[PDB]
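Structure of sitagliptin in complex with Dipeptidyl peptidase 4 soluble form.
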There are 2 protein chains.
Amino acid sequence: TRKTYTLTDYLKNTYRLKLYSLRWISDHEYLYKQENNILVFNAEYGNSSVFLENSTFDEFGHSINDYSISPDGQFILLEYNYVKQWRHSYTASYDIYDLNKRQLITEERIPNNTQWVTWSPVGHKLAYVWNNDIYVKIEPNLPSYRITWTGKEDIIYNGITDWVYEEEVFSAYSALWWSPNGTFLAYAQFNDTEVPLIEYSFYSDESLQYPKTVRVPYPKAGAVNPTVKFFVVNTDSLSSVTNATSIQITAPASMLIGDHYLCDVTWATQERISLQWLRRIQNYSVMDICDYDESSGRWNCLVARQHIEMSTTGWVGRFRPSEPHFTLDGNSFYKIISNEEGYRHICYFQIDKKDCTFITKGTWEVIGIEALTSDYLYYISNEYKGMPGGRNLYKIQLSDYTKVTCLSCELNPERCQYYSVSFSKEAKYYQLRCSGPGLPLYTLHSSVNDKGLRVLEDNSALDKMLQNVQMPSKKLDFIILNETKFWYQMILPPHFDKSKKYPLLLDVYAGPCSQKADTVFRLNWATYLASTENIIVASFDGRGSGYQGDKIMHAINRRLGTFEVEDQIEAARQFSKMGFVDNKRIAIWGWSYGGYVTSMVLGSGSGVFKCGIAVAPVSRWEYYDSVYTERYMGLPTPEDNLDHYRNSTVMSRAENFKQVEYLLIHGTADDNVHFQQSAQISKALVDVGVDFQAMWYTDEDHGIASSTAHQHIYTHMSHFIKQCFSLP
Amino acid sequence: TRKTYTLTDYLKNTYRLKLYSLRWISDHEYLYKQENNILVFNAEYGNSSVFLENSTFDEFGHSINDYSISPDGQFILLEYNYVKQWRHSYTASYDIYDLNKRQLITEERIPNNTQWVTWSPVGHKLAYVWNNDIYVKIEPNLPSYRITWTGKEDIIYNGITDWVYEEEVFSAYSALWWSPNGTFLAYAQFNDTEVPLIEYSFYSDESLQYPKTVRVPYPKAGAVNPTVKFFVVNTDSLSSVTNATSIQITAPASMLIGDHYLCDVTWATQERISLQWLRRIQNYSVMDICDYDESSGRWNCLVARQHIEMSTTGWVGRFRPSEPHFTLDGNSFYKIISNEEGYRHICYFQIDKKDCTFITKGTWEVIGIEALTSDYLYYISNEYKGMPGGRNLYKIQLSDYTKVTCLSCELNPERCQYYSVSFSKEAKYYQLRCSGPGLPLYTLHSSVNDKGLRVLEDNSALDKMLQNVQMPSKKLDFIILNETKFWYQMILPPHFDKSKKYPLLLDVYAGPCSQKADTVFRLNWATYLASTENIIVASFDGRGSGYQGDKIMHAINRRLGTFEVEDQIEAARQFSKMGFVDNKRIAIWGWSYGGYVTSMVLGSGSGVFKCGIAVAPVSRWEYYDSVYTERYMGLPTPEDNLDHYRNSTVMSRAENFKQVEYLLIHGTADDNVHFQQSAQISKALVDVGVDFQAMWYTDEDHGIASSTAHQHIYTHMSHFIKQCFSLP
Ligand SMILES: *[C@@H]1O[C@H](CO)[C@@H](O[C@@H]2O[C@H](CO)[C@@H](O)[C@H](O)[C@H]2NC(C)=O)[C@H](O)[C@H]1NC(C)=O
Ligand SMILES: *[C@@H]1O[C@H](CO)[C@@H](O[C@@H]2O[C@H](CO)[C@@H](O)[C@H](O)[C@H]2NC(C)=O)[C@H](O)[C@H]1NC(C)=O
Ligand SMILES: *[C@@H]1O[C@H](CO)[C@@H](O[C@@H]2O[C@H](CO)[C@@H](O)[C@H](O)[C@H]2NC(C)=O)[C@H](O)[C@H]1NC(C)=O
Ligand SMILES: *[C@@H]1O[C@H](CO)[C@@H](O[C@@H]2O[C@H](CO)[C@@H](O)[C@H](O)[C@H]2NC(C)=O)[C@H](O)[C@H]1NC(C)=O
Ligand SMILES: *[C@@H]1O[C@H](CO)[C@@H](O[C@@H]2O[C@H](CO)[C@@H](O)[C@H](O)[C@H]2NC(C)=O)[C@H](O)[C@H]1NC(C)=O
Ligand SMILES: *[C@@H]1O[C@H](CO)[C@@H](O[C@@H]2O[C@H](CO)[C@@H](O)[C@H](O)[C@H]2NC(C)=O)[C@H](O)[C@H]1NC(C)=O
Ligand SMILES: *[C@@H]1O[C@H](CO)[C@@H](O[C@H]2O[C@H](CO)[C@@H](O)[C@H](O)[C@H]2NC(C)=O)[C@H](O)[C@H]1NC(C)=O
Ligand SMILES: *[C@@H]1O[C@H](CO)[C@@H](O[C@H]2O[C@H](CO)[C@@H](O)[C@H](O)[C@H]2NC(C)=O)[C@H](O)[C@H]1NC(C)=O
Ligand SMILES: *[C@H]1O[C@H](CO)[C@@H](O[C@@H]2O[C@H](CO)[C@@H](O)[C@H](O)[C@H]2NC(C)=O)[C@H](O)[C@H]1NC(C)=O
Ligand SMILES: N[C@@H](CC(=O)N1CCn2c(nnc2C(F)(F)F)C1)Cc1cc(F)c(F)cc1F
Ligand SMILES: N[C@@H](CC(=O)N1CCn2c(nnc2C(F)(F)F)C1)Cc1cc(F)c(F)cc1F
Ligand SMILES: *[C@@H]1O[C@H](CO)[C@@H](O)[C@H](O)[C@H]1NC(C)=O
Ligand SMILES: *[C@@H]1O[C@H](CO)[C@@H](O)[C@H](O)[C@H]1NC(C)=O
Ligand SMILES: *[C@@H]1O[C@H](CO)[C@@H](O)[C@H](O)[C@H]1NC(C)=O
Ligand SMILES: *[C@@H]1O[C@H](CO)[C@@H](O)[C@H](O)[C@H]1NC(C)=O
Ligand SMILES: *[C@@H]1O[C@H](CO)[C@@H](O)[C@H](O)[C@H]1NC(C)=O
Ligand SMILES: *[C@@H]1O[C@H](CO)[C@@H](O)[C@H](O)[C@H]1NC(C)=O
Ligand code: NA
């Protein structure tokens, strides 16, 4: 008989999905690494040529982590000595290789322990951050110009983000932005001087006699936040005799009145930059549009070009105000904003006009704007078939908004319902990436007549292997709760039989603007649980979930740990009533926000769940970071929202855990959700005499992603679930 | 019929063991608390009176934690605001109450956060330590005199010990010693300037937003040790001079050549003090006897009065050099030292003669010297019936060493074999404290004729209760290995049937000079396991154990983690071959040194044990403190014992844990065995892919003794054991 998808298959990646990650280098060619050799492809015909031999660096001496070819293709940046920091940050050493003279540059090399590096968008200038300061190199072999001198570890950050800005605002370590042709280099400077530090132990190798104490500026809810300044420097007028002059662009008065954040930076033209600022109370944001003045050499932001964005029901943007997409001349722009019905759609703005015009509408949402030409704007939305968990590419005619054309919907409706896209330089070509419900499919297309040029990768090899495996199926459907439809998905065991009762595991995340019910194909722990253990793994998107309008998303505003937790209990209650579910064997598990919800659910006293697993959960909002927490909860002060901060903790529900089996897991070096959060949960449970299972992972962070720990946690959780379900 | 001793009975202390804690205030009167009242008893007739009514401090405004009456009975020290620190240390607030004028003193009060306070041995002077400096009050209501000005938190300690001296050398927080009539105050000063700090998080109450980092000067093996200095100040001159001089007494040249410790301070007469020093390599100790020179106001120590104590086979003393007991004139003293045969006996020394005379001998050992009069020396030994696990009080005639009388052996041989004693001020009366094998029994005796005056507490109430419970029985015996006997004890289930096969739990400690096989009566976890779960709980005293001569005790010298581990494994083999043990169900558990032995045993690959529980175990000796570790292991350097230090870790046996079920438990605030020790064990197990169970206890230290955590850990361990033995 055919085998099933086993835990080992998941842990050792027996069945790998093939990808096709290309890098556009112009409007008609892209780079693709094959056999460790970098090839250059012509999009039109599909022909290629070798761009760089894999042997080119046989005696390099170091293991190359990654590479980056300059925009003009004259040089290649080689990254090595990679050392990871937080989610996006890391340091590394770099070397530059001249592709023309086929030589490795040995003079004025980028320093070791460099924190970030980037070529200008055009040409081959380089900007890098080292020791928290910004340096610029006009030529790979020439000495660098020091741009800033205030860089100081854990205090002043120039051109790179501090912990909270990296994690919650920019989702990037870099805080540098080259103007379109590379003339100017804008950058932010963060000051964490008064930000309190989180401290935790790091044990390191067995050989370290005394544990190390890691200390990082981390503002918990309501604590002092870092401050921010924004500068722009002209890199075409740098001197090796005089220090570079950075021009500051100050935030508008409506922002300077109190705490605020810099949340977006987007160049509109060679001499016009837009900046969006957000108040610490995240329901008011301001976009400034500034023009360079050759006369004074300053940047002026006319008030007439200011655009305000606010929310009366919640915060601004999905996680942060959306980015503007400027037209060629920079006189107008398109941006996704919630309309009057609470659905996110594309609005068209005049830079000096207050009112914008919505170009799309309907009870669905635009996920993102992907390309803009003078005749069409391309975007991805979940409009097709009214499925919020599906994604397709559309283009809209800018001269007639009633002319909307779906470009991916009908390519292969049964195999492909969740698309992502990558356009070439001038949107002449685009790569479509289908990630579900069938196996991932990568295709190349031409924009002029939307021709389907060819298939880049169809994963036919994986398809052949999976035919010999008893794979689970996925059901995507919805339930009605108070006239509103909420979607859920179920990973069903092979040969599913509706006349039998299956144990059920509810997989939950449920953070604000999240989506767990979708059409994406995945090979993960749930695949194994369904395929080998015959467990149904369900996920449900309730109030607070995204992509279905603010009525649903903002339902949890100032109220985390309420509706989203109740909705997961309601879903399980519904599921428990279905004929194929064993109501005596229903469990729940989650990681991060999902660990919090799982814990809140288990301590709700609903009596629906037999057991649950919480991995690295938040336990009380006052322990989590300010930017994320305050966005949904406001401030933890008696005059604002302190009462709800105190009523939404896991600890307060400790006694309700007496009737469930609970497994609490957490990495000791978790810099994101501090171990402290689980330490307080266990202490509260010990205090009320409730027994439970626990597991700490020494020196693991929020991902508990090292190879050995990854295998161990899933192995441990599998034994727990099977034991809870009475499975061999 | 007849209930068993359940887990709840143990955790709720339903069967209360009564004791009789009295405080001698003179040669014939003692204080005893009865119904929150403090009574004063006349030893001779047993009649009493109310010394301090319970309603005396009903309006004190604070809960009085403890009290202390001045030697002259004129004042009472009231301790409150008790805040615990390490094993012996704590801070508190104090008030002094005038017993005569029955009035509480309100002027010149002892400061809050006082680290230590002690009355002079005579009268009512007081010496206290506050902010690491010593202060003396001649009168309770008068201002204090500052003795030191160097005190500095975590750096300089005057009159109090640092962490390592408290835990391993003195077993006490105080480092000051009043001379017999209170004229002089001697004290030690510790300097931890270069001692590395152990740092760990303390989460505290849920209300604390950021965890606190606890930092404690703690020397791990081979690290920089604190240095020490000794001083004596004449307190009688305090009111005559502005700043009384603290005369330093320096260690001898033999000690100053390298790192060393001050290990004992004992006043001999009003003007003679003895000090014992120990080299960092703990097999060489020196005792200096110093006399006050009234002409120079200095203290001189004549080399002819110096006594050397060294060891060729191990360290000096059981845990440290033994204390001297001086005759009244201070010209000679008695001290326990191991004889040529390796057994610890009492030796009689002339202060200026190097050769001593042994006054006791035999293949047994003297446990301690309890009292010394002009005619008799009283001591406790395990000579009776050749049982190293028994304890009796003996009296030897100082004028005729052949005249030795056992004062407790035959009092009640069946019920009493483990005695402890408490003599009145001049040894006129003594309280005997029998702690096993039967119920504890407390009695009063007159030394003049060694007649029993009366029974103070016989625990008849508890005996009445226990008759309604199926209690387990205890067996104490030995097995012969290599021609030498090794003792063990077994807690046997009620109605034990040698024809059946019972599951077996080996309870282990096994640290150097320890003893787990004794005649003490206990109501603990094992009582429950044997009584309700019908599990035999055994303990074995193999190589390294104490009170049986140096041949056995010093067998583990420079070799921890070898013979004592092997001997526990062999003990299990010998037990299984007794015929009433189920070879398929043998477990092992231990706390502290016992956790290390348990882990080493489970990782030996012996195949003898099915499962095991290690609580707060040591995992690698370089992580534990210098004083304890180096005493047995020497220094972790290539020139000394590094190889054995690297060969005796739990981590190197990770792979073998694949053969057993392991539960690892550790308190996160353990200042003694750092959580780091279990953090490295779990990491090594994850790295080799071994599954196991774990449990951390938030903010608990090495004793995991808070009421809720105590109940939770034993409940957790009971489930693990029951599951391992298939005991639903
Ligand atoms: C990038 O754009 C900048 C700004 O438009 C160009 O710089 C200007 O060039 C003109 C000459 O054509 C000068 O008169 C201006 O003074 C320059 N402005 C500044 C701020 O320097 C620059 O030449 C462009 N670079 C490229 C490669 O096209
Ligand atoms: C942004 O949200 C805040 C807080 O929800 C709003 O400010 C006030 O908040 C307090 C409670 O924190 C309420 O009592 C007030 O009624 C709220 N409004 C005002 C004007 O004080 C604020 O209004 C929101 N901003 C926008 C544009 O909706
Ligand atoms: C215990 O009783 C004795 C004797 O009854 C008390 O000691 C004193 O004994 C002498 C002679 O017997 C009497 O003259 C005294 O009057 C007794 N003292 C007192 C204070 O009355 C002794 O006081 C009693 N001890 C206690 C603690 O109550
Ligand atoms: C405690 O020991 C430290 C040495 O570890 C002493 O500190 C040194 O003192 C000398 C003399 O004043 C200075 O020159 C050095 O710079 C100090 N070294 C360090 C590391 O601080 C200190 O004096 C001792 N304290 C006492 C009260 O004895
Ligand atoms: C009492 O005497 C001691 C010892 O001389 C004084 O302590 C010295 O104080 C000076 C000045 O502050 C320091 O330079 C020395 O290092 C200290 N030595 C010691 C051993 O502490 C103390 O200051 C005197 N107290 C008063 C009130 O004069
Ligand atoms: C406590 O002992 C001390 C030390 O022997 C006594 O002080 C000595 O007293 C004699 C008088 O007999 C003097 O000659 C010495 O000068 C004192 N020496 C010192 C260092 O002070 C003291 O008298 C004794 N206390 C009591 C109450 O007897
Ligand atoms: C892809 O194929 C085209 C042929 O259509 C290649 O030809 C172009 O470039 C050649 C050299 O790069 C020239 O010799 C040809 O004249 C030119 N032809 C046309 C019609 O432009 C092209 O180079 C190939 N591209 C790659 C990446 O191999
Ligand atoms: C970073 O922000 C700090 C916080 O305001 C600035 O420091 C100011 O406040 C300090 C106390 O926190 C004081 O020492 C000074 O009055 C003041 N300036 C300095 C240098 O401390 C600090 O200047 C800012 N640094 C930069 C580079 O912007
Ligand atoms: C950054 O550090 C590297 C590594 O030390 C330096 O490169 C050389 O590394 C070799 C070992 O591979 C050493 O023997 C050399 O001493 C290092 N220095 C040199 C000049 O070769 C590198 O030089 C450092 N980079 C910078 C910009 O200082
Ligand atoms: N810290 C959160 C970050 C996040 O949700 N993304 C980062 C910011 N972001 C996202 N999507 N867009 C953006 C950005 F545009 F703002 F960058 C999602 C994730 C997160 C939430 C928790 F409750 C928790 F316990 C842990 C945790 F890691
Ligand atoms: N640190 C040890 C202290 C001790 O064993 N007593 C303290 C010193 N002592 C004793 N008996 N007499 C003395 C003294 F006289 F030296 F004070 C025993 C105990 C101990 C040993 C370990 F291996 C461990 F992992 C933890 C632990 F707490
Ligand atoms: C590229 O290099 C790899 C080794 O890194 C080698 O196995 C492969 O054959 C090379 N590819 C080609 C096309 O030569
Ligand atoms: C540039 O500024 C730094 C720091 O302010 C200063 O030390 C350096 O000398 C300056 N260089 C020049 C050329 O002015
Ligand atoms: C509507 O349904 C929601 C949950 O979907 C529930 O909380 C609410 O009480 C219901 N009634 C109204 C008026 O919203
Ligand atoms: C003393 O106080 C206790 C309270 O613990 C009370 O029960 C007892 O009766 C009191 N006895 C006297 C003599 O005051
Ligand atoms: C101790 O502290 C308390 C509370 O702060 C204060 O009321 C009292 O006066 C202090 N006592 C002394 C002796 O300083
Ligand atoms: C003391 O111990 C050291 C270390 O083993 C040893 O070399 C030395 O000879 C010992 N001294 C004596 C007297 O045994
Ligand atoms: Na095609």
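Chain A corresponds to the first sequence line; subsequent lines are lettered B, C, and so forth. Heads up, chain A uses the PDB entry numbers, so what you see runs 39-766. Per the PDB entry, chain B residues shown: 39-766, in order. Whatever order the structure lists ligands and atoms in, that order sets their numbers, starting from 1. Structure method, as recorded: X-ray crystallography, 2.1 Å.
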Where, by number or letter, can sitagliptin be found in the structure? ligands 10 and 11
Just wondering, which other chains does a 4.0 Å heavy-atom cut-off pick up around sitagliptin (ligand 10)? A
In terms of atom number and element, which parts of sitagliptin (ligand 10) are under 4.0 angstrom from non-hydrogen atoms of A/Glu205? 1 (N), 2 (C), 3 (C), 7 (C), 8 (C), 19 (C), 28 (F)
Contact atoms of sitagliptin (ligand 10), heavy-atom distance to A/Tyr547 under 4.0 Å: 20 (C), 21 (C)
Just need the protein heavy atom nearest to atom 15 (F) of sitagliptin (ligand 10), so name the residue and atom and give the distance. A/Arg358 NE, 3.0 Å
Atoms of sitagliptin (ligand 10) less than 4.0 Å from A/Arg125 heavy atoms? 28 (F)
Protein heavy atom under 4.0 angstrom of atom 12 (N) of sitagliptin (ligand 10), is there one? yes
Going by the atom numbers of sitagliptin (ligand 10), which of them fall below 4.0 Å from some non-hydrogen atom of A/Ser209? 7 (C), 8 (C), 9 (N), 17 (F)
Could you identify the single nearest non-hydrogen protein atom to atom 5 (O) of sitagliptin (ligand 10) and state the distance to 0.1 Å? A/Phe357 CE2, 3.5 Å
In the entry's source annotation, what organism is given for chain A? Homo sapiens
Could you go through sitagliptin (ligand 10) and note, for every N or O atom, any protein N or O atom closer than 3.5 angstrom, writing the atom names and distance to 0.1 Å, or 'none'?
unit_1: sitagliptin (ligand 10); atom_1: 1 (N); unit_2: A/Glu205; atom_2: OE2; d: 2.8
unit_1: sitagliptin (ligand 10); atom_1: 1 (N); unit_2: A/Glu206; atom_2: OE1; d: 3.1
unit_1: sitagliptin (ligand 10); atom_1: 1 (N); unit_2: A/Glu206; atom_2: OE2; d: 2.7
unit_1: sitagliptin (ligand 10); atom_1: 1 (N); unit_2: A/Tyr662; atom_2: OH; d: 2.8

